[PDB]
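Structure of interest - contains bortezomib (bound form).
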Amino acid sequence: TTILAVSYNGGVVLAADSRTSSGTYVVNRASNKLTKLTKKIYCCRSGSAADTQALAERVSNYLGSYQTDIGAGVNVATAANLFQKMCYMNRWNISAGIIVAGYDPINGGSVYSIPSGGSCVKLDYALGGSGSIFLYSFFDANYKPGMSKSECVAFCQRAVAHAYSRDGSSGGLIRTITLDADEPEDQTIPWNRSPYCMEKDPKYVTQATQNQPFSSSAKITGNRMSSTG
Amino acid sequence: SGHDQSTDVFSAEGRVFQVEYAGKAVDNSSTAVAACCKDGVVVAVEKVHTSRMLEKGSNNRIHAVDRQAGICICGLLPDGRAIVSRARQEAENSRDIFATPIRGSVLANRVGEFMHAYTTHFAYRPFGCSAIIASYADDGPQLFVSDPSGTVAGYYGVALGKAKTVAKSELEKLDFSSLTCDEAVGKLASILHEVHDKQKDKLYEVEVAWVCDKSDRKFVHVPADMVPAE
Ligand SMILES: *[B]([O])([O])[C]([C][C]([C])[C])[N]C(=O)[C]([C]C1=[C][C]=[C][C]=[C]1)[N]C(=O)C1=[C]N=[C][C]=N1
């Protein structure tokens, strides 16, 4: 699982892969780790597939019962204190890394990263999942803050594609959605139209010369591809 | 007297006779010749068959040590097979430990130390054998000769055997700088049919082997139809 959420001027861009894998076997290759809480507030979802699904639909029922009694819109800081309350009083029993990102008219675009420990940190961009450790040095070099909506979509799709190329846990589709003052626009690009893959990376075309022919010199001349020559 | 009974006995003038007596086992053996032909090395020997019923290919004195090198022996055949089976072990070590083919000057220096180590101890006797290392490693074409004393030396051409003095003068007429491996198989085999007499033995044939760029740097024997007939 590689999940991330990046803020721009208008709102936020949620990004995630699509694969639940029982250790080493792909149980599902079209998962949806972008969970709707309210219309403009979603959450990314990593870790245990059952422990985080039960939290996401328990928060989303407190959060819709709140919205009816208030009669107004729900702030993102409200939804991020319902995950922190539940991920802290269950922190020894669940495995839950949650990234809460959304839009509210008061504060604009907000990103909250709630790790497995149960803390809450408000950010500009957040990373999560087992594939997130590849993306710290990728965002230190290639990420500049203050992009547009069209640039954050193509960046976060290029960000996830570098993550599941090296990670074995992550893979599949790339599901992204933007949350701002307009309608929430979702987009799912496949594997075969992904912006990066190592199989078509032109520097991994040459095989590593392991299987040397039996020869008279120490001059390395590539692999042995035939029984005759 | 008792000054020539083992190997750990210097003479009154500093000589070791059991080494020098082993050198008479090579001088009474069949004729060997070799040549370095500026892209490879050709080695030819004469097999003295003692019976008409020996199979063609018996008693081949040329053995492949590595893919690029091979030792032909001159002297006693079973004593030289301990040299061949040792230099194969020296060439297997460089492929398995150092991941590199053994060089020509390094394989010969390992032969000359195995043959010398049996001339210093009382329980062992020296070899009745002169080993000719013909190699083509990343240091070019090499031609070495290890005598029973353990002395190695790089040569351009060599004659060993009984008529090694007449065949040495026949090598001085070749070139070794413009000489190729294409012509030298016909030349060196024609040395053996002129240096050797049929008035002692009736059955004698020649065995030639090379390693050069035409054989893809591989030590091979001849195709049977490249050798001159007589
Ligand atoms: B992602 O791989 O972390 C994913 C996130 C989930 C919330 C959709 N989790 C899973 O794939 C888990 C396994 C796992 C992998 C790595 C870290 C933690 C957990 N999958 C399951 O829990 C699972 C396994 N078999 C059947 C159903 N669900």
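Below, chains carry the letters A, B, ... as their sequence lines are ordered, and counting in each starts from 1. Cropped entry; intra-crop contacts only. Every number for a ligand or one of its atoms is a count from 1 in the order of the listing.
Every copy of bortezomib (bound form) included, the relevant parts of the model are ligand 1. Per the PDB entry, the macromolecule making the most contacts with bortezomib (bound form) here is Proteasome subunit beta.
Those other chains that come under 4.0 Å from bortezomib (bound form), heavy atoms only, are A. By chain and number, the binding site of bortezomib (bound form) at a non-hydrogen cut-off of 4.0 Å is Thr1(A), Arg19(A), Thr20(A), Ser21(A), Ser22(A), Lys33(A), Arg45(A), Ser46(A), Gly47(A), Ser48(A), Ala49(A), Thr52(A). Examination of the model shows the covalent partner of bortezomib (bound form) to be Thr1(A) OG1.
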